[PDB]
Amino acid sequence: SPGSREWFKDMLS
Amino acid sequence: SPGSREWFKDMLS
Amino acid sequence: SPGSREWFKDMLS
Amino acid sequence: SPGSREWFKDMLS
Amino acid sequence: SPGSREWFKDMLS
Amino acid sequence: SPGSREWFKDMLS
Amino acid sequence: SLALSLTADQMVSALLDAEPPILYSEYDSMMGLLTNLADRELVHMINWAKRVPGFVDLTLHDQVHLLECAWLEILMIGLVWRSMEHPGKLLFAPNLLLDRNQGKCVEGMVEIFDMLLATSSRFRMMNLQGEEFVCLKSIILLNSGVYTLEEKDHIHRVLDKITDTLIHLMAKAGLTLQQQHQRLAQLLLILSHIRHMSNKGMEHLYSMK
Amino acid sequence: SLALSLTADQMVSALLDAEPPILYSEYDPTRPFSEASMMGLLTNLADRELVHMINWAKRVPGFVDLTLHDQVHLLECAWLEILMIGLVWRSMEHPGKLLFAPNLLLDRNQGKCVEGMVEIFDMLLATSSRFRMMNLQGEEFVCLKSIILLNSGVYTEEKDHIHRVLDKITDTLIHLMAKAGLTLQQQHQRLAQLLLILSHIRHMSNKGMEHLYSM
Amino acid sequence: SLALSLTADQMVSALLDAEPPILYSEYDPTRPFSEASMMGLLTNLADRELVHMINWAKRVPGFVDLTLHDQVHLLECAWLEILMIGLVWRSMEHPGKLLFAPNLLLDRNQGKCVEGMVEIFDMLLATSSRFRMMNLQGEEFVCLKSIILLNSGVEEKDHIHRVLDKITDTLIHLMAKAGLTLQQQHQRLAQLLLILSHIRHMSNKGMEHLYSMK
Amino acid sequence: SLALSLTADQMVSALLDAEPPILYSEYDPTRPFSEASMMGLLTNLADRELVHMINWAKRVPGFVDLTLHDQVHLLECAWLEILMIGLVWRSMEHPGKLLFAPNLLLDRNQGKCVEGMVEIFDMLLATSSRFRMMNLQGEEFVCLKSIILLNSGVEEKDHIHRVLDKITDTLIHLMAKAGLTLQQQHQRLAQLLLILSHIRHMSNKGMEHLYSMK
Amino acid sequence: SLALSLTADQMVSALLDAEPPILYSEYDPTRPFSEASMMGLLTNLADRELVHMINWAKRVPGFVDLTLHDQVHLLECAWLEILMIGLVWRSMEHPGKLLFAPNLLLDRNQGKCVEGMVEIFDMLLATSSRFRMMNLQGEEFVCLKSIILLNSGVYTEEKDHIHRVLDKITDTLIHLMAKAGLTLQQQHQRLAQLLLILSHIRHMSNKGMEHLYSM
Amino acid sequence: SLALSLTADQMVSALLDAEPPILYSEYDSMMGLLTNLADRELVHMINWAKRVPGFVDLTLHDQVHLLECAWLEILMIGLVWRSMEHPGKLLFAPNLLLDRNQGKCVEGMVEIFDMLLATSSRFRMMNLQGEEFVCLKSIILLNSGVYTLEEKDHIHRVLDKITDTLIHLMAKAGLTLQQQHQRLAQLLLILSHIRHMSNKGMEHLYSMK
Ligand SMILES: CC/C(=C(\c1ccc(O)cc1)c1ccc(OCCN(C)C)cc1)c1ccccc1
Ligand SMILES: CC/C(=C(\c1ccc(O)cc1)c1ccc(OCCN(C)C)cc1)c1ccccc1
Ligand SMILES: CC/C(=C(\c1ccc(O)cc1)c1ccc(OCCN(C)C)cc1)c1ccccc1
Ligand SMILES: CC/C(=C(\c1ccc(O)cc1)c1ccc(OCCN(C)C)cc1)c1ccccc1
Ligand SMILES: CC/C(=C(\c1ccc(O)cc1)c1ccc(OCCN(C)C)cc1)c1ccccc1
Ligand SMILES: CC/C(=C(\c1ccc(O)cc1)c1ccc(OCCN(C)C)cc1)c1ccccc1
Ligand SMILES: [Ca+2]
Ligand SMILES: [Ca+2]
Ligand SMILES: [Ca+2]
Ligand SMILES: [Ca+2]
C-alpha cells in the first residue's frame, strides 16, 4: 500500500 | 406496374 | 402493293 | 457512475 | 450507396 | 504507580 | 388558291361531288373479303383526294405523305358513316353487314369492331349530316400527316376554310353560336378516336405481314 | 354538380390550380447515356409523373363525380397522351429540344440513343413547334389536357355528364379567345386548330405504347 | 479567388440562386404507413435530395476552388446536417410536424412508426420552433446552410476560413439592413451559430441510427 | 435575476473566479502504459474533474437560477464537451500533444494505446491548434465554456437564452477592448462559435466510444 | 556534488521550486461525514500526496545522490512527518482549523468523527498556532521539511554526505534569518525554536502511525 | 525569574549541580531489572527537575504535564550518555551492561536497542560534552509537552536561555560562529530521535499492561 517500503522501492526505481 | 388498370384502381381507392 | 408509298406515288402522278 | 443523471442529481441536491 | 465517400467522388468527377 | 499522573502530582507537591 | 377562293357553299358542293361510289363486296377468310374491299376503295380514294379542293396544289411528295398517313382513317370514317343506320352492325358493303360477334372471326379484330360501333353510335346520337361528314373526311386527309413550311402553311389555310364551312353548315341549320362551337368541338374530338382506331388497325395489318 | 355551375373564369382557375408539380430527374451527370440508362431515366420520370397525375385528375372538375371504374378507364386510356402533351408544352420555348425535366433537356440526336425513339422525338418536336407558332397559352393548355382525360376513353347518363363537362371546356376555350380579342371567325378557326392537335397527341401515344410493348 | 471578391448582396444572390429544387414524395396515399414503408419513404427522399445537393454545393461560392478530395470530404461529413437544416426550415409554418415534402407532412406521433426515430423528430421540431421564434429569413437560412457545408467535420486562414468570414459579413449585412442595432446583430449571429451545434448533434444521432439499422 | 445585471467586466471577473482547479494525475512513472492503464488514468482524471465541474457550474452566472432538473440536464449533456474544451485549452502550448494534466502529456502515437482513441486525439489536436492560431484568450475561453454548459443538448427568450446573450456581449466587449474593428469582432465571434460545433461532434464521438467499451 | 556547491540563496530557490502541487479533495458535499467516510477522505488524500512526495524528494538537493536503499529508508521513515508539517503549514493562517485541502477545512469538533483522531487534531492545531506565533516563513518551512526527510531515518561515508547536506540547510536557515535582520542571539534562538518543532512533528507522526495500525 | 537572571556559567553550574546519582541495578526477567531501575530513577528525576532553573516557577499542573510527557525521553538520553564509552553496548547501570544480542530477551526491545546504540554512536562521533548533555536533558523536560499562555511564554524564555547557554559553551570551546550554529542544529536534531525512541518505548510498555 502507499507509503510501504515496497511501494517506495517500486515508485523510486 | 405504374399506368396499368390495377395500379390506377389501387391508387384511386 | 395497294396502299404502299410507291403505289400512292404512281397513282398520284 | 460519475456523469450520469442520477450522480449529477445527487451531487447538486 | 448515396452519401458515401465513393458515391460523392463518382458524382463530382 | 511510579510514572503515573497521580504519582507525579504527589511527588511534585 | 382556287380552293382558297371558294365560298362555303361551293366547298360543300365540291366535297359532295368528290364522293366515291359505294362498293359491293366481291369474292376472289373474312380478312380476305375486307382486304379486297379496302384495296378497291383505295383506288377510288386516289381520285377523291385529287378532287378535294387544295390537295392537288400540293407537291407529289406531300400528297403521297398525307394519303399514306390518312388512308385507313379515311376508310374507317367511311365505314362508320355508312353503319350509322345499322345499330350494332358494321356495313362494310351493302352485301356485307357484320354484327359484333362476327368480328371474332379474326384474332384481334373484335377490339377494333367495338370501337367502330361506339363511334357509329356517337354519329347517330349527334345526328351527323352528310355535309358534315364530307368536311371531316377532308380534314383527316389534310391534318393527319400535317405537323411533319409554305406548302404546310397553304394546308393550314385550306383547313381553316373547311372549319369555316362546318360552321356555315351549323349556322344554316339554325344552331346558336354557342351550339355551333360546341358541335364543332364534338365533331373534331371524334377524329382523335378515328386516329386511335386507325393506329390499332395498322398495328394489326403490319403484324400479320 | 359543381363542375357544370362553374363560370369559364372559375373553370380556368380550377384547372390552373390543379396542375401537378414540375418534376426533376436524378442521374450521374459525369456518366454518358446508354440505351438502357436513357430509357431507364425516362421510365423513372414517367412512373413518378403517373403518381402525381392521379392527384391532378381528382382536381379536374367532374372527374371525382365519376365511378371508380370510369376514373380508372379514362386514366388507363389517356395517361401517355397526358404525359406527352405536358412534355410538348414544357418544350415549347426550347426549339429542337425536349424538356423532360428542368435538368433533363434532350435533342433529337440524343433520341437516337434508344432504338426507335427518334421517330417519336421528331413527332413530339413538330408538335411543340406547332404550339409555339400558334402561341398556345397556358390557360388553353390546361383545357386541352383535361379534354384528353375526359375524351380519350369516352366511347370505350354518366357519359352524358362527361359530355356536358366537355362542352363547358369548349365554352371555356372560346371565352379565353374572345377575351384575347379574336374575331368570331378566328375563335372557331383556333378552336379547330387546337382540337386537331389532339389527334396528333393520340397518334404519338399509340406509337409510344407500341414501342413500350416491343421492348 | 472570385468568391472572396463578392459583395454581401452578391453573396446572398449567389446563394439564393444555388438553391436546389423542393422535392415531392411518391407513395400510395390509400395505404397506411408501416415502419418499413415510412423509413423507406424517408430514405428514398434523402437519396434523391443528395443528388441535387451535389449541384447546389458546386454553386456555393468557394466550393469549386477546393480539390476534389476536399469537396468530397465536406459533403461526406455535412450531408445529413444539410438535409436536416432544410427540413427544419420548411417545417417552420407547421408546429408539431415535419414537412419532409409538400405532400409528406408527418407529426410527432407518426415518428414513433420507426423505432428510435421519435427522439430525432423531437429535436428537429424544437429546432424548427426556435427558427420560427427568431423569424429566420430565407437569406439567413442559405447563409447557415453554406456555413454547415464549409464548416463540415473537424497559414493563418485557409480558403474555407476566408469564405466563412465572408458569409459572416453577409449575415451581419442582412441584419444591419433589417434595422438591427449592432448589439442585436452580434446577439443574433451568436444565436444562429449556436443552433448549428444542435444541428451537428442531431446529425450525429441520425448517422448513429442509420448505421445501427443497416 | 442578478446574472442579467452584470456588466461585461463583472461577467468576465465572475467566470475567471469560477474556474476549477487544474488537476494532477497519479501513476507509477516507472511502469509503461497499457491500454487498460492509460484508459484507466484518463477515466480517473475525468471522474475527478466531474466533481469540480459541479462547483464550477454553480458559479456560472444564471446556473443556480435554474431548477434542479434543468441544472442536471445541462450538465448531463455538456460534461464531455466541457472536459474537452478544457483539454484543448491547456494543450495549446504543446503542438502534437494533449496536456491532460501538468504531469500527463500524451502525444498522438500514445493515443493508439487505446483502440479507437486516436481518431478523437487527432480532432482534439486540430482544435487546440486552431485556438492557438487564433490566439484565444483566457477570458474568451471561459466565455466559450459557459456557453457550452448553457447551450448543452437540444416566451421569446428563456432565462438561458438571455444569459447566453450577455455572454455574447461579453465576448464582443473583450474583442473591442483588444482593438478589433467591428468587422473583426463579428468574424472572430463566428469563428469561435463554429468551433463549438466541432467540440459537440468530438463529444458525441467520445460518448459513443465510452458507451461501446462499457 | 551539486548540493554542497549551492549557495544559501540557491538552496532556498531549489527547495521552493521543488514544492509539490497543492491537492484538492473530492467528496459529495450534500452528504454528512461519517467515521468511515472522513477516514476514507483523509486516507485518499494522503495516498495521493505520497505519489507527489516522491517527485518532490527527488528534487531535494542531495537526495538523488543516495542509493535506492537509502532513499526508500528515508522516505519510509519520514513520510507521515512530511505530510503533517505540510498540513500544519497550510493551516497556519486558519486558527482552529486544519486545511487538509483548499476545499477541505476541518475543525477539532469534526476530528471527533473518527475515534481517537481529535487528540491528533489538537496536537496539529497547537503546532500550527506555534508556527503562526513565530511568523514562520515559507523559506524556513521548506528547509524544515527537507531536514525531516534527511534526518528522521539518518541513524537507522554516504551518511557523512547527508550530514554535510544537513549542515548546509542549517547555514541556509541562519542566512535567511540574518537577511531578515535578526541579531546573532535571535538567530541561534530562532534556529533552536524551529528545530524543536521537529521533535513535536515526530511525536505526532508516531501517534498517527499508531492510530493507523490500530484501525 | 531567578532562572531568567542567571548567567550562562551559572546555568551550566545549576544544571551540573542538579545531576542525579548513577544507580546500580538491584534484584527484587530482563524487563523486571529495567523496570526496577527506571522506577528508582524516576524518584531521583523528581528532585532533578525541581533543581532545573525555571521549573518550579511553573504551576503544579504544568510541572506534572511536562514530566509526564518527557520522563522516558529523559531516561533514554541518560542511558545513551552513559553508554557513549561502550561501543555496541548499553550501560543501563555500572553492573548492567548489555550488548545488542542481549536485547532480544524481550520480544520487541531489540528494535529500541539498535536505535539507542545508533544514538550513542552519534554522541561519540560528535564528542558530546557533559555540559552539552545537561543542557539537552533540560530542553527535553521543558519542550516535550510545551506546545499544548504566560506560563508557556515563561517556558519559552527559559528554553531560549538554555540555547544561549549551549552557544556559550561552544564559543568557549573555540568553535567558529558557523560551527556553533551547525553543532547546535546537530544536537537539537538528536532530540527528534530521542522522542521517536520514547514513543516506541511507551508503545511497548502500554501494550504489555
Ligand atoms: C376495320 C375493318 C378493316 C378494314 C377495312 C376498313 C374499312 C373498309 O371500308 C374496308 C376495310 C381493312 C382491312 C384490311 C385492309 O388491308 C389493306 C391491305 N392493302 C392495303 C394492301 C385495310 C382495311 C380492318 C382493318 C385492320 C385490321 C382488321 C380489319
Ligand atoms: C417520348 C418519351 C417517352 C416517355 C416519356 C414521355 C413524357 C414524359 O413526361 C416522360 C416520359 C415515356 C417513357 C417510358 C414510359 O413508361 C414506363 C413504363 N411504366 C409506365 C410502367 C412512359 C413514357 C418514351 C415513350 C415511349 C418510348 C420511349 C420513350
Ligand atoms: C430525421 C429524418 C431522417 C432523414 C431525413 C431527414 C431530412 C430529409 O429531408 C430527408 C430524410 C433521413 C432518413 C434516411 C436517410 O437515409 C440515407 C440512406 N442513404 C444515404 C443510403 C437519410 C436521412 C432520418 C434520419 C436518420 C434516422 C431516421 C430518420
Ligand atoms: C479524449 C480524451 C478522453 C477523456 C478525457 C478528456 C478530457 C479530460 O480532461 C479527461 C479525460 C475521457 C476519458 C474517459 C472518460 O470516462 C468517463 C467515465 N466516467 C464518466 C464514468 C471521460 C473522458 C476520452 C474520451 C472518450 C474516449 C476515450 C478518451
Ligand atoms: C491527522 C490527519 C491524518 C492523515 C493526513 C495527514 C496529513 C495530510 O496532508 C493528509 C492526511 C492521514 C490519514 C491517513 C493516512 O494513511 C492512509 C494509509 N496509506 C498511507 C496506506 C495518512 C495520513 C490522520 C493520520 C492518522 C490517523 C488519522 C488521521
Ligand atoms: C530502553 C530501555 C527501557 C527502559 C529503561 C530505559 C532507561 C533507563 O535508564 C532504565 C530503563 C525502561 C524499562 C521499563 C520501564 O518501565 C517503567 C514502569 N514504571 C514506569 C511503572 C521504563 C523504562 C525499556 C523501555 C521500554 C521498553 C523496553 C525497555
Ligand atoms: Ca518500479
Ligand atoms: Ca388502394
Ligand atoms: Ca445528495
Ligand atoms: Ca464519375
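Just so it is clear: chains get the letters A, B, ... in the order the sequence lines come, proteins before strands, and each one is counted from 1. Remember, it's 1-based here, ligands and their atoms both numbered in the order they're listed. Note: hydrogens, waters and symmetry copies are ignored here, and every other heavy atom, side chains too, is used.
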Quick check: which of 4-hydroxytamoxifen, WIN 51711, AT9283 is at ligand 6? 4-hydroxytamoxifen
Chief contact partner of 4-hydroxytamoxifen (ligand 6) - name in UniProt: Estrogen receptor
State which other chains have a non-hydrogen atom nearer than 4.0 Å to 4-hydroxytamoxifen (ligand 6). F, L
Okay, next thing: residues with a heavy atom within 4.0 Å of 4-hydroxytamoxifen (ligand 6) - which are they? F/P2, L/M31, L/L34, L/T35, L/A38, L/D39, L/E41, L/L42, L/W71, L/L72, L/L75, L/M76, L/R82, L/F92, L/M109, L/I112, L/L116, L/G201, L/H204, L/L205
Checking the N or O distance criterion of under 3.5 Å, is 4-hydroxytamoxifen (ligand 6) in contact with L/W71? no
Considering only the protein, which heavy-atom contact is closest to atom 14 (C) of 4-hydroxytamoxifen (ligand 6), and what is its distance? L/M31 CE, 3.1 Å
For atom 24 (C) of 4-hydroxytamoxifen (ligand 6), what's the nearest protein heavy-atom neighbour? Residue, atom name and distance, please. L/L34 CD1, 4.5 Å
Which residues of chain L does UniProt mark as 17beta-estradiol-binding that also come under 4.0 Å from 4-hydroxytamoxifen (ligand 6) by heavy-atom distance? L/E41, L/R82, L/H204
What name does the deposit give to chain F? AB5 peptide
4-hydroxytamoxifen (ligand 6): covalent bond residue and atom: none
Of the protein's non-hydrogen atoms, which lies at the shortest distance from atom 17 (C) of 4-hydroxytamoxifen (ligand 6), and what is that distance? L/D39 OD1, 3.7 Å
Does 4-hydroxytamoxifen (ligand 6) come near enough to L/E41 that some N or O of the ligand is less than 3.5 Å from an N or O of the residue? yes
Does atom 1 (C) of 4-hydroxytamoxifen (ligand 6) have any protein heavy atom closer than 4.0 Å? yes
Which UniProt domain of chain L has the most residues touching 4-hydroxytamoxifen (ligand 6)? NR LBD
Does the protein come close to atom 8 (C) of 4-hydroxytamoxifen (ligand 6) - that is, does one of its heavy atoms sit below 4.0 Å from that atom? yes
At what distance is the nearest protein heavy atom to atom 15 (C) of 4-hydroxytamoxifen (ligand 6), and which residue and atom is it? L/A38 CB, 3.7 Å
What organism is given for chain L in the entry? Homo sapiens
